[PDB]
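Presented below is an entry in which one can find acarbose.
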Amino acid sequence: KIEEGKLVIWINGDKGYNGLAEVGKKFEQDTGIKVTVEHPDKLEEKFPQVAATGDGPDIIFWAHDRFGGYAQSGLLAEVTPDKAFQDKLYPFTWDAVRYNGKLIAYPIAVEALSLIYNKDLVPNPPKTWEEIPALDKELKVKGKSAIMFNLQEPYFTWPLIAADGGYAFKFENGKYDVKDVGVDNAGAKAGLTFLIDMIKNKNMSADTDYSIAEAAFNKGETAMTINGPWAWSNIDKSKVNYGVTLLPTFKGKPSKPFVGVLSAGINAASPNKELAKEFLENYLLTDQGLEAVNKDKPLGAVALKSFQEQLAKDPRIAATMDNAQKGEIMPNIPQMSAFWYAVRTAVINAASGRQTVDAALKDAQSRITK
Ligand SMILES: C[C@H]1O[C@H](O[C@H]2[C@H](O)[C@@H](O)[C@@H](O[C@H]3[C@H](O)[C@@H](O)[C@@H](O)O[C@@H]3CO)O[C@@H]2CO)[C@H](O)[C@@H](O)[C@@H]1N[C@H]1C=C(CO)[C@@H](O)[C@H](O)[C@H]1O
């Protein structure tokens, strides 16, 4: 059972959890209520397990794509911001957290992947994916590579798979059609084939993950990476002079990152729903609260208009929004789970050579539309 008279918060380990705990400390100073911030391994998989028995945190942070599944399962409370509070955030961010007519979380930040480049290694970043192999060939002479990014999580490869026509679920007749999936169309295959060709030509390695890519970029070993705003503060601390820019085009079309809205949901089993609302509305979603988290690990563009206005001038934030505008906001529908897990398997199998691109994506399409 969840303890009454305290708040327990779960947030992903790549986010500014120490900054969030500082907001928790302010809450405690004011109200005497203890806030415990945790970053469990695989929290987004553990949550539906424990919440189903009336357990888990009072508040869970994730991108909104997970939240439709949680709400469908009865695991999230309807949030009750008044009109004046809703007016403080951008309308589209509330749309991301609306499920079957109900608001089921508070939006916090708007995340998109960008191309991150070392200004000293590549003063003029490549406008196209197609030119990157030639760039790699020149950099290899100096024992450097053109690009490294996480090939284990489909989030990072999706912008290239989507570029030429890949999609998750078609929005038709005012809703996502769960039987109209675009993972094995010609566009999707063209994008994944390009990635695989990069691997075959030794521009990248199939085993590259978040840690490997991050270490290589931040140590000046690779010229470019693909990452989101949470990554910037580690690069700030590194010796690398980096820029954040538009993702490269593929076949003349923009890369299309899936846009996530970092959101805070209240456990339907929480005996602390009022405290959660007070914390989220009156502590976190303030200039001071967001600043605390943002100083720890950057949130990106934020949902809170007053604070976003202060961030807007930063070229990294401009680049984030430019990439977001080329991409699409993720569905929050339950079937996003089927989609992501199936795509994950497809990318890993194709990259490793266990399957061809065509066979991997066809199997993903069959799995998702079951
Ligand atoms: C396979 C994976 O799918 C789902 O994960 C997706 C997230 O739900 C999306 O929000 C997005 O995550 C990115 C965040 O939005 C962003 O803020 C940053 O944290 O980077 C994230 C990407 O690393 O994209 C994800 C897809 O890449 C689903 O929620 C998640 O549970 C699934 N991952 C699990 C699956 C396996 C395989 O059995 C395990 O290896 C993993 O440890 C699990 O986490």
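Residue numbering in chain A adheres to the PDB entry, whereby the residues present occupy positions 1-370 in order. Computed over heavy atoms, backbone and side chain alike; hydrogens, waters and symmetry mates excluded. Order of appearance sets the numbers: ligands from 1, and atoms from 1 within every ligand.
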- Message: I'm trying to find acarbose in this model - which chains or ligands should I check?
- Response: ligand 1
- Supply the name from UniProt of whichever chain has more contacts with acarbose (ligand 1) than any other. Maltose/maltodextrin-binding periplasmic protein
- Query: Heavy-atom contact under 4.0 Å between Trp62 and acarbose (ligand 1)?
  - Reply: yes
- Task: Identify which of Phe258, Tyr155, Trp230 has a heavy atom lying nearest to atom 11 (C) of acarbose (ligand 1).
- Result: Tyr155
- Could you tell me the residue and atom name of the protein heavy atom closest to atom 33 (N) of acarbose (ligand 1), and the distance to it rounded to 0.1 Å? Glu44 OE2, 3.9 Å
- Task: Examine the proximity of acarbose (ligand 1) to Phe156 and report which part, side chain or backbone, both or neither, has a heavy atom under 4.0 Å away.
- Result: side chain
- Message: Contact between acarbose (ligand 1) and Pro154 is defined here as a heavy atom of the residue under 4.0 Å from a ligand atom; is it met?
- Response: yes
- Item | Distance-only N or O hit between acarbose (ligand 1) and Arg66, under 3.5 Å | yes
- Message: Can you tell me if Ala63 contacts acarbose (ligand 1) (heavy atom of the residue under 4.0 Å from the ligand)?
- Response: yes
- Enumerate the atoms of acarbose (ligand 1) whose separation from the nearest heavy atom of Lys42 is less than 4.0 angstrom. 39 (C), 42 (O)
- Message: Taking 4.0 Å as the limit for heavy-atom contacts, which would you say applies to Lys15 with acarbose (ligand 1): side chain only, backbone only, both, or neither?
- Response: side chain
- Query: Against heavy atoms of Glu111, which atoms of acarbose (ligand 1) measure under 4.0 Å?
  - Reply: 15 (O), 16 (C), 17 (O)
- Are any of the N/O atoms in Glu153 less than 3.5 Å from those in acarbose (ligand 1)? yes
- Task: Heavy-atom contacts with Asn12 under 4.0 Å: which atoms of acarbose (ligand 1) show up? List them by number with element.
- Result: 19 (O)
- Task: State which residues lie within 4.0 Å of acarbose (ligand 1), judged on heavy atoms.
- Result: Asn12, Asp14, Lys15, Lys42, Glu44, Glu45, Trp62, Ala63, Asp65, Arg66, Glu111, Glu153, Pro154, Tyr155, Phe156, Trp230, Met330, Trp340, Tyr341, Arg344
